[PDB]
Amino acid sequence: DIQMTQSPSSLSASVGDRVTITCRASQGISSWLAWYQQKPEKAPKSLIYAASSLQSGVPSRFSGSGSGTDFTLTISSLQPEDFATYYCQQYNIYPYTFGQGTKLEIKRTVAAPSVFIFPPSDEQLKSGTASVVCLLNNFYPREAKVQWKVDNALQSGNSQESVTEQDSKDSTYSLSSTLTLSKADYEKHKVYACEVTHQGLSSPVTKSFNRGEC
Amino acid sequence: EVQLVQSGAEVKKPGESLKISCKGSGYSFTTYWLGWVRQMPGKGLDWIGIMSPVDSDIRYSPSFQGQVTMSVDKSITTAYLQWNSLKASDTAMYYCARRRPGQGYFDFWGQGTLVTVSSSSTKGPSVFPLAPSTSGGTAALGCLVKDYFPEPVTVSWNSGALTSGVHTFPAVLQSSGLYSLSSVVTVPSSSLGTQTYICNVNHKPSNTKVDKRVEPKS
């Protein structure tokens, strides 16, 4: 079967830039190439077929040149919603084949995180566990550092952390750092705090609470 | 108008058989070919094959030749993808898509059917409230969806009425082998007490449907 190799594997570009993904076939495929757009949590959308023809319904800012063995997909004026990974496909010979796709993320100005902390719920504690989650809301870039202190003592690998996909409108991230204990270990200590460091911050901001205080 | 609607996410144990469906409408079913594409978690797209609705004609890729079975039911304009014995390696998202005539690429896509093949027992989540905080500003509140298997779970706020500012984070796999995620929203502190916020958790596999009311503390 014909191997499709896209490149780069991923790239970052500011809004309003022109972006260019390339796609090369191990064998000649004429102009029988298509480009798809896949946004996170979504099914692929068809953009271009026969190398260069725009699919009925897709914005004029998408285009695709190339013939024979080398093809390229272009986005003239990059927009935030264009955050996605793009796949090319050959259909000159069975079996039809895709590339590995390339992730396009949006580059933007720095935005500081908004920090929130939630103590363990009363209900959860009855179930024998206690999870305290720290929320970093709407920040850029992605590189952020969370640190958990309990009774002022630094923590090592007692919290799992999760981050969203770039927001389709503001190219922003959010992440949740969850410190999980047993109700047992939870009762023993008093002060719970998470310290967030970020480029957008002139100095580390920390949100803290004292256990069992209404 | 052209629509490809697929059956719901499947959770199966290895050795079991599986049949997922794709219902076409808004076009002449017999005039267009239908195909399937698998996408394993985090990885790319794999062309499974393509088939005619009208007669026998089918075309599989090598990797899938004799590993799956495509078919169609012209009478209910539905197409199918089918395994005789699932393996854990089969878990992945499966899309059905329509082939544009005179070409070979896919016109329109189904929304996909998540397929999870595993021996780990299904477990329904537990849902706890993340409660917020002269006055005024921004308040954050959410819902902690703990210890469930497998993925996915679903979180809407106020039955879908509350959309913007909502963040449901990617599930995290804990050492217990169970999944945990959190869903949160930011709102004006003004609304705390006046508007009432409810998160709607739905973990299909365990028929778990929980509406949890998140109200301020004390």
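Sequence lines set the chain letters: A, B, ... in the order given, protein chains first and strands last, and positions in each chain run from 1.
PDB records give the name of the drug at chains A and B as ustekinumab. The molecule name in the entry for chain A reads ustekinumab FAB light chain.
Under the naming in the PDB entry, the designation for chain B is ustekinumab FAB heavy chain.
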